[PDB]
Enquirer: 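Can you keep this structure in mind? I'll have questions shortly.
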Amino acid sequence: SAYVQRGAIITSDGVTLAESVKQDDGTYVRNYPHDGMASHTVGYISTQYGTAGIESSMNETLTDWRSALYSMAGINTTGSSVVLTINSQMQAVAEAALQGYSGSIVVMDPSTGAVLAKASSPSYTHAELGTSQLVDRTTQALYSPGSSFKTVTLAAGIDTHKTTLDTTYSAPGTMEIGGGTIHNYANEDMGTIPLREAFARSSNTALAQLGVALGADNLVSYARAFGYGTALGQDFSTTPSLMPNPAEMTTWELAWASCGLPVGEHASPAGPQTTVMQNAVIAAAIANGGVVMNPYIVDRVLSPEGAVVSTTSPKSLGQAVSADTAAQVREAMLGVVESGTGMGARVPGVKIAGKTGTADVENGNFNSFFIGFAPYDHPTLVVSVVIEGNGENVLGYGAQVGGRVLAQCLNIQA
Ligand SMILES: *C(=O)[C@@H](NC(=O)Cc1ccccc1)[C@@H]1N[C@@H](C(=O)O)C(C)(C)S1
């Protein structure tokens, strides 16, 4: 079977990232041009390091008594190739934006869930497998989403008709909720302000009240309608994002969960805990009139004849919030970037909307998050980013990175 030629893995814009080369021996050596590009996505079949990506998720596609003879094991056959949805140019954009940081970025089409760029850092080359990096931080690492999760809280509060963007909230520096103390960043007392402004400035005190008003059943149900609990990806592996069993939640737990911090202590997992990919699916469903799409990364499969054997169809995971709700959420996210905590994602000449977040992790470090879309009117791309601080002060980086990736990718599209 080592005399059987495996198919190629190609990008949407025709860049071959994996291919088989017949050696004088007869056997084929798996080669990888542009080694280092989209490593986690392209993947590998390694005794030592395991399996990952397309090499393994499309393994069988890539892989008479003519069958006995090893000498004819090639004349008879060749494996079918896989054309990804990844666009090599957008992929380089994301990879360059991650240089010198650990974290990840996903760029997707909101109307279909097609993943156009997917990158994790640090990365590696296939050549190195011959000798942290291996974790795919887009899909197989979980993180506290922090305030990026407030997009869900907000969408739920509006969709259930429990609040509006102009409804005022008290946003004090600290407040006591269910026996515990919720606090705004730097205990900033913002006074009484509309929900749009609490969202823009990312007040934990205000969003925690929305959380408590919604209740645990509503917060979980809406998180799940956005994809939590699903192994996202029609043709790639994502670890499901997690929420607790609502019945086990406490009011304080619910308060922080509504701001993206998981503090639960119970049999079911603490939440929320998200993947970067799940964050993208939320941004996309909001940009997409509330319709959630199951992301995908294979466009089509080709026979060795350079012929189309199948094409992926975009598929919905359901409608998480109504169109009217999504339009209000989009307007709120535009405010974050225009006058709130996401001002760093602004790029002159383009209109960008999103939501930021920052979350403390182990050893006093923190992570920076950004989800968003562009252009504001008729969005054609969505971005999700995490920049892990790991000692460095990365406050605001997710948003700077997100806006720049969005703008560059839009130019690529033009
Ligand atoms: C949501 O992410 C909130 N984050 C925090 O309150 C905790 C935190 C942890 C480390 C450093 C700073 C804050 C609020 N939203 C973020 C954000 O939008 O990035 C703020 C930093 C604005 S506070």
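Heads up: numbering here begins at 1 and tracks the sequence. Just the heavy atoms: all of them, side chains too, but no hydrogens, waters or symmetry mates, feed the values below. Both ligands and their constituent atoms are indexed starting at 1 by order of listing.
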Enquirer: I keep forgetting: which drug shows up at ligand 1?
Expert: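 Found there: benzylpenicillin (bound form).
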Enquirer: Of all chains near benzylpenicillin (bound form), which one has the greatest contact count, and what is it called in the PDB entry?
Expert: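 Main binding partner here: Peptidoglycan glycosyltransferase.
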Enquirer: Just curious, which residues make up the binding site of benzylpenicillin (bound form) with non-hydrogen atoms under 4.0 Å?
Expert: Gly146, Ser147, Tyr185, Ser202, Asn204, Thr341, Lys355, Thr356, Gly357, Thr358, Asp360, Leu395
Enquirer: Out of all atoms in benzylpenicillin (bound form), which are within 4.0 Å of some heavy atom of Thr356? Include the element for each.
Expert: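 Here the atoms of benzylpenicillin (bound form) in question are 17 (C), 18 (O), 19 (O).
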Enquirer: Which organism does the entry credit as the source of chain A?
Expert: Atopobium parvulum
Enquirer: Number the atoms of benzylpenicillin (bound form) from 1 as they appear, then name those within less than 4.0 Å of a heavy atom of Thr341, with their elements.
Expert: 18 (O), 22 (C)
Enquirer: Write down the covalent anchor of benzylpenicillin (bound form): residue and atom, or none.
Expert: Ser147 OG
Enquirer: Hey, which atoms in benzylpenicillin (bound form) end up nearer than 4.0 Å to a heavy atom of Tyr185?
Expert: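 The list of qualifying atoms is 12 (C), 13 (C), 23 (S).
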Enquirer: If you measure every N or O of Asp360 against every N or O of benzylpenicillin (bound form), does any of those distances drop under 3.5 Å?
Expert: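 No, there is no polar N/O contact under 3.5 Å.
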